[PDB]
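To match the PDB entry, the residue numbers of chain A are left as they are there, and the shown ones run 342-676, 681-686. Side-chain atoms are counted along with the backbone in the values below, which use heavy atoms only and exclude waters and symmetry mates. If you check the header, you will see the structure was determined by X-ray crystallography, 1.4 Å. Each ligand, and each atom within it, is numbered from 1 in the order the structure gives.
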Amino acid sequence: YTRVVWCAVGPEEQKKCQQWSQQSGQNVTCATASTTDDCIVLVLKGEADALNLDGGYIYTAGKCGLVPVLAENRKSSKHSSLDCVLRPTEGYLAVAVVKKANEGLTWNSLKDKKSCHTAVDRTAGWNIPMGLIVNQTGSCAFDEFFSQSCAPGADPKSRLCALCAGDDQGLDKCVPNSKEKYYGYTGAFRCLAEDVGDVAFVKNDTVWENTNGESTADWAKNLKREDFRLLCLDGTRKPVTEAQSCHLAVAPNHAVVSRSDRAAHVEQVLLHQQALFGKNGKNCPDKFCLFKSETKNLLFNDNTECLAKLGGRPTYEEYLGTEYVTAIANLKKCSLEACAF
Ligand SMILES: *[C@@H]1O[C@H](CO)[C@@H](O[C@@H]2O[C@H](CO)[C@@H](O[C@H]3O[C@H](CO)[C@@H](O[C@@H]4O[C@H](CO)[C@@H](O[C@@H]5O[C@H](CO)[C@@H](OC6O[C@H](CO)[C@@H](O)[C@H](O)[C@@H]6O)[C@H](O)[C@@H]5O)[C@H](O)[C@@H]4O)[C@H](O)[C@@H]3O)[C@H](O)[C@H]2NC(C)=O)[C@H](O)[C@H]1NC(C)=O
Ligand SMILES: *[C@@H]1O[C@H](CO)[C@@H](O[C@@H]2O[C@H](CO)[C@@H](O[C@H]3O[C@H](CO[C@@H]4O[C@H](CO)[C@@H](O)[C@H](O)[C@@H]4O)[C@@H](O[C@@H]4O[C@H](CO)[C@@H](O)[C@H](O)[C@@H]4O)[C@H](O)[C@@H]3O)[C@H](O)[C@H]2NC(C)=O)[C@H](O)[C@H]1NC(C)=O
Ligand SMILES: *[C@@H]1O[C@H](CO)[C@@H](O[C@@H]2O[C@H](CO)[C@@H](O)[C@H](O)[C@H]2NC(C)=O)[C@H](O)[C@H]1NC(C)=O
Ligand SMILES: O=C(O)Cc1ccccc1Nc1c(Cl)cccc1Cl
Ligand SMILES: [Fe+3]
Ligand SMILES: [Zn+2]
Ligand SMILES: [Zn+2]
């Protein structure tokens, strides 16, 4: 049989991947790139097999021919008799979060404020909110909407990167990988928590997972849910308990992608790997946990219960949903067809 070559984005993911590789007895090995797009390119070249992707990245990967293989499944809201691997996924809720103390800030007063985004091209952090903003403003100048932002992946000298902080050494400012302090769900939420930005574009889970003791991180350990509010599209503000009635969109879950000709093998290997290292896997937590990384969401989101089988052998467009695909396409007209590589 063949090894599966995972692609890790940045050095922290690479360290975790290397641990996984060792524990997997080399059934999984690691390639690494500086950005998700570069990992997608390694896979396109056949120099890596697979990685787990946010839905926007799935769009990029899908235009280039890669296919969804298995999806992140978090704990469900409702009892299900089904095994996690066979439980239909529920998408996650993309939200716009602000501080309660920032009174009078609403969806309709976002112009000229400071924003924190997971990364350019990601679902909750970018495609959904910027797509909505472009539409409502009738303008493609989304790079001039917020006074300053951290939007990892943007031009580092631009306003879209002005709030990004890079690493310990201040290096890698605005890179779209975990070195950047404010990268990803957790980074963008931290950007809001520290009042670097006025608004964070993340998902509902992020708020809950980093407040009220759920995170022991120095920056998060003392945060309280009641100190945050969600911005609803109708211009109201709601407590973070009201995400189901105050979100920007329902996002398709992050999912593993690969070339078609490697998909069945990547799938088989991952199903076995999670049986070993997944949530209440045979050798997790004793040996290694594939879905933990000290609330850093490395390789997979830390709230992943399992990678689940897809229904109906879906194309990337079916997986993302026609709604979301068209929204991405419309936004991309600002900055239809074909691989971006
Ligand atoms: C924003 O993001 C947040 C972070 O992810 C989300 O919060 C997380 O949400 C999950 C669940 O959705 C939450 O859940 C965990 O909770 C427990 C462990 O704490 C887990 O175990 C349970 O699973 C069972 C199945 O769903 C449930 O068991 C019961 O339900 C029945 C029926 O109601 C009851 O039985 C009865 O009692 C009533 C009384 O009259 C009677 O009707 C009946 O006759 C019946 O006999 C029992 O009371 C019992 O509750 C139980 O609900 C629970 O789900 C669960 O699966 C998860 O592990 C996480 O704790 C939570 N995380 C944090 C940090 O808070 C938000 O949900 C999300 N918001 C939105 C809107 O999406
Ligand atoms: C920014 O603004 C943009 C411009 O409006 C937004 O893009 C547009 O988004 C719309 C919503 O996605 C498109 O509308 C489409 O809606 C139709 C119906 O879709 C279905 O849902 C029903 C009900 O569940 C189902 O039956 C079905 O399975 C679909 O899921 C589309 O389809 C039609 O199909 C039916 C039969 O199924 C048929 O009767 C019709 O003839 C028709 O073919 C329809 O074709 C639409 O695409 C808009 O087209 C789209 N506009 C543009 C210009 O592209 C964008 O979302 C905004 N961005 C954000 C972030 O909000
Ligand atoms: C690495 O992968 C190999 C191949 O799938 C695994 O070995 C297989 O294990 C299953 C269960 O033991 C057996 O049915 C097969 O016969 C084995 N195949 C071969 C050729 O060895 C192995 O368990 C995996 N190891 C880890 C740690 O992931
Ligand atoms: O119309 C479509 O193409 C897809 C569609 C419509 C309504 C509800 C869900 C979905 N698709 C969908 C699928 Cl099939 C998987 C994961 C996430 C999503 Cl949003
Ligand atoms: Fe996402
Ligand atoms: Zn909704
Ligand atoms: Zn299909």
Original post:
Looking at ligand 4, which of these is it: nabumetone, diclofenac, penciclovir, cycloguanil, equilin?
Top reply: diclofenac
Original post:
Main binding partner of diclofenac (ligand 4) in this structure, as named by UniProt?
Top reply: Lactotransferrin
Subject >> Test item: protein heavy atom less than 4.0 Å from atom 6 (C) of diclofenac (ligand 4) >> reply: no
**OP:** Name the source organism of chain A according to the PDB.
**Re:** Bos taurus
Original post:
Of all residues in chain A that touch diclofenac (ligand 4), most belong to which UniProt domain?
Top reply: Transferrin-like 2
Subject >> Sub-4.0 Å protein heavy atom next to atom 9 (C) of diclofenac (ligand 4) >> reply: no
Original post:
Is there a nitrogen or oxygen of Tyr660 sitting under 3.5 Å from a nitrogen or oxygen of diclofenac (ligand 4)?
Top reply: no
Original post:
To the nearest 0.1 Å, how far is atom 2 (C) of diclofenac (ligand 4) from its closest protein heavy atom, and which atom is that?
Top reply: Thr663 N, 3.1 Å
Original post:
Which of the numbered atoms in diclofenac (ligand 4) are below 4.0 angstrom from a heavy atom of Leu661?
Top reply: 19 (Cl)
**OP:** Considering heavy atoms of the protein only, find what lies nearest to atom 4 (C) of diclofenac (ligand 4) and give residue, atom and distance to 0.1 Å.
**Re:** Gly662 CA, 3.1 Å
Original post:
At what distance is the nearest protein heavy atom to atom 11 (N) of diclofenac (ligand 4), and which residue and atom is it?
Top reply: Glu659 O, 3.7 Å
Original post:
Which residues of other chains have a non-hydrogen atom closer than 4.0 Å to diclofenac (ligand 4)?
Top reply: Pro593, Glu659, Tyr660, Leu661, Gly662, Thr663
